[PDB]
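Consider the following structure, which contains clopidogrel.
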Amino acid sequence: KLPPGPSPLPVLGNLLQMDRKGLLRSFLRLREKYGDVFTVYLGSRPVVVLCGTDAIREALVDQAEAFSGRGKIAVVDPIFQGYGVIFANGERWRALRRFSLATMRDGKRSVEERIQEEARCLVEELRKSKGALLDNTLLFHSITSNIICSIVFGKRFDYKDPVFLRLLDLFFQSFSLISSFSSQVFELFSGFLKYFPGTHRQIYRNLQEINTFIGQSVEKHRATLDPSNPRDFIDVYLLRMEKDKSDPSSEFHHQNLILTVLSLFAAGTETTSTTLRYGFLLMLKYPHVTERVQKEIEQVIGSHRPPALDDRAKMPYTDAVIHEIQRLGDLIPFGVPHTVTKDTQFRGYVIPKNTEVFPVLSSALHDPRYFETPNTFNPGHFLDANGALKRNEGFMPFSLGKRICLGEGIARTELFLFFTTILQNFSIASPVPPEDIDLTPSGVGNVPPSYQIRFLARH
Ligand code: HEM
Ligand SMILES: OC[C@H]1O[C@H](O[C@H]2[C@H](O)[C@@H](O)[C@H](OCCCCCC3CCCCC3)O[C@@H]2CO)[C@H](O)[C@@H](O)[C@@H]1O
Ligand SMILES: COC(=O)[C@H](c1ccccc1Cl)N1CCc2sccc2C1
C-alpha cells in the first residue's frame, strides 16, 4: 500500500540502511535497489522518495495539487511553525503566494533596473581590489541580498557597511549550519535532540535575531508609511493588514509578515549566491568557455553599454552556460520537502494524506536520457545543431508544479545580468591551474569548496 520500503526498526527507522555520506547519497543508494519511487523511514515518520524526471513530473505536474503540500524542516520549524510563504499549507500558503507573486511584480524602478544598478555597484567595487586575490563569497552574498533588501526594505546597503555585514554574517552562518551533517541527523531524531545542546540552538538564535531587525524595520516603516504612495513589499503588506482589520479569519497579520520577509531572504539569497560562486569556480576551470562568453558579449552588447535582460535572447551560448552552471550546481539536490494534500493515488500505491515526499532534484539533473554527459560541464546539453538554446525536460532546478520556485524570473535575471556584467568588465585568473581545480563539495543545500579569484580589469 506504500512504495517498496526497506524493513524498518521501530523508533530508529531505516537508519541501518542509510549511507553515512549524507541523506542524498542515502536516497541514491536505495534507488538502485528499490526503483524510481520508494519509501524510507526517517525515524518514526515515513517519506516517499521520487527519483528520475518522469516520477517527479508524474507527481508534481500531473498530480500537481496532490503533491502541493509543504513539509517541515526540523531545524527551522521552531522558527517558522508553518507561517510564511515557504512553509505554509492550505489557504495560508495560497493567499500568501498569490500576494507575494503579484507584489514582486512591480524604488519605483523595475526589478531589472535594480539588478542592473546593483551590478554597477559590484563592478565599481571590484575595480577597487585593483587585481588582488579575493574570495568572492562576501561580495556574492552581498549583491543577492541587496535585491531582496530593495524589494522588501526599499533600500540597499554598502558592502563595507559594518552592521549590514554582521546580520549577513550570522544569516549565512545559519544556512551552513542548516546544510550541516548535524542538521541532517537532527532531522531524523529532532524529538529527542531538542532538549540537548546542538546546532539547532545556534540556528534558532541566529534567526530570531534576524527577525528582531525585520520587526524593527516593520515598525519604522509603519511610522513613516504613506498609503497613497507605497515603497516596498512591507509598505504594501501593511496596507493589506489595515484592509483586513475587520477579519480575524484573514492570514495577513504580523506573524506572517515577519516570517514571510524572513522567507524571501531565506530563498532569495543563498542559492542565487552559491550559483554565481559555483559558476565562476567553473569558469576558472574552463577558460575556453569563458573566452566564448566574452566573445559573445563583445558581439552583442559590446564593451560600452551595460547588459540588459533583452540581450539574453540574442546570446544563446551564455544562456546555455548558465543553464549548465545551474544543472551541475545542483544546489538543492533532494529539494525542499513536499507533502500530499489528500490520500493520493500514485503508480498504484496509496500515499496517505500528509505523507512527506522528497522530489530528488539531483536525479533529474543527472538523468542520462536528457543529458549526454551528466557528470561533465557541457553547455552543449542546452544547444541545438544551429547553436541556439534548447530546453530540456530534465532541467528542473527550480522544481516543478504548484510549488515551483516563486522567484525563478528574478533568479535567472540575476544570474544573467551578474555574469555578463562582471565578465564584460573583468577577465578572471587564480593561483590554482585549471587542470588542478576540484569541484566536488553538506546536505539539504550543496556548498562547493571556497576558492580564491582575481578579477582583472579590461580596458
Ligand atoms: C537561482 C537561484 C534559485 C534556485 C536554484 C531556487 C530553487 C528553488 C527550489 C528548488 C525551490 C523548491 C520548490 C519546491 O519544490 O517546493 C524553491 C522555492 C522557493 N523559491 Fe527559489 N530558487 C532560487 C532563487 C529564488 C529567488 C531569487 C526567490 C525570490 C526572491 C525565490 C523564492 C522562492 C520561494 C518563495 C519558494 C517557496 C515556494 C513555495 O513553497 O510556495 N527563489 N526555489
Ligand atoms: O545609528 C543610527 C543610524 O543608522 C541607521 O541605519 C540602520 C538601518 O536603517 C537599519 O536598516 C539597520 O538594519 C540593517 C541591516 C541590513 C540587514 C538585512 C539582511 C542582510 C542579509 C540577510 C538578513 C538581513 O541598522 C542600521 C542602524 O545602525 C539609520 O537610518 C541612520 O540614519 C543612523 O544615523
Ligand atoms: C525554499 O527553501 C529555501 O529557500 C531554503 C532551503 C531549504 C532546504 C534546502 C535548501 C534550501 Cl536553499 N531555506 C530554508 C530555511 C532557511 S533559514 C536561512 C536560509 C534558509 C534556506
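Numbering of residues begins at 1 and proceeds along the displayed sequence. Values below: all heavy atoms of this structure, side chains included; hydrogens, waters and symmetry mates excluded. Read the numbers this way: they start at 1 and go in the same order the structure lists the ligands and their atoms.
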Check: Which numbered ligands or lettered chains belong to clopidogrel?
Finding: ligand 3
Next item on the list: Report, using the naming of UniProt, the chain with the greatest number of heavy-atom pairs under 4.5 Å to clopidogrel.
Entry: Cytochrome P450 2B4
Checklist line | Residues binding heme per UniProt in chain A, non-hydrogen atom under 4.0 Å from clopidogrel | finding: none
Next item on the list: Show which other ligands and ions come under 4.0 Å from clopidogrel.
Entry: ligand 1 (protoporphyrin IX containing FE)
Next item on the list: Show the binding site of clopidogrel at 4.0 Å, heavy-atom contacts only.
Entry: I73, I86, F171, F175, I178, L207, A266, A267, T271, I332, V336, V444
